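Comments concern the structure below.
All residue numbers given for chain A refer to the PDB entry; the residues shown span 5-254 in order. Whatever order the structure lists them in is the order used to number ligands and atoms, beginning at 1. We use all heavy atoms of the structure for the numbers below, so side chains are in, but hydrogens, waters and symmetry mates are not.
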Amino acid sequence: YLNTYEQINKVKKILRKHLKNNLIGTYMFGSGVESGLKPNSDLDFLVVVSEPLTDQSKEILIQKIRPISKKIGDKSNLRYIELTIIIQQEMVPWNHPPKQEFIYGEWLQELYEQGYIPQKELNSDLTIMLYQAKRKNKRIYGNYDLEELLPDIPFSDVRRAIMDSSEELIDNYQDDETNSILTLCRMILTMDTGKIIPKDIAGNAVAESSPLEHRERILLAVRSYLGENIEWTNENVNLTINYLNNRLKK
Ligand SMILES: CN[C@@H]1[C@H](O)[C@H](NC)[C@H]2O[C@@]3(O)C(=O)C[C@@H](C)O[C@H]3O[C@@H]2[C@H]1O
């Protein structure tokens, strides 16, 4: 069917074909460029455009990227494709939270079938994305590197972007237990040392640095992201999520 080289290229060509010269650059970030592209990692694309997309231009992007990506239940070699589109002019003057023009994500697929087209939205998670992408990124198209397309984002805004998304996360940990546990730990480290680390090894770092009760649940979420079917319905994630939330507060 498709391997990851084909995935990189069809996504690369879908964007130059259906956005023409509105496309300034397309970049890859996340744990695929950071700490190596393991066969388990996800494909996080970042796309910079000049002018806004009209809803149907955002709709063909959904429909053509749709078969290219891995569905949540897919027990195959395909990996998730997460692409966010930002507009360069909507980025200066810098201001948290930043503006976002488009987003593809497979957690939004149930909404995609019902007719949802991601429209202009303010996302605070985007602040840490651009911060870690300005640092380490792989450019697959464009005449400029990502760092000359975004202003210097201050570390004062990531620290609040960390915590703004923190207490957004404490409310809706439900049904995303495995991922939200490891994300908070990555945020504990990103705001203590300043390094953004894969959630795989971010969990084990705080694991042995935390009480046993939460230690067990941190390591249980280490496995479930590596496959390893784990049913959280009787584990008390509320306690560990409450613990990591307060440990981050500083
Ligand atoms: C940070 N943005 C998203 C967002 O938090 C999603 N929440 C529904 C989150 O969802 C996941 O945990 C999923 O279960 C689905 C997967 C494609 O993305 C994973 O990472 C997804 C994150 O990348």
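Drug identified at ligand 1: spectinomycin.
Against spectinomycin, the chain with more heavy-atom contacts than any other is given by the PDB entry as Streptomycin 3''-adenylyltransferase. Taking every heavy atom under 4.0 Å from spectinomycin, one finds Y84, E86, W111, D180, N183. In the entry, the organism recorded for chain A is Enterococcus faecalis.
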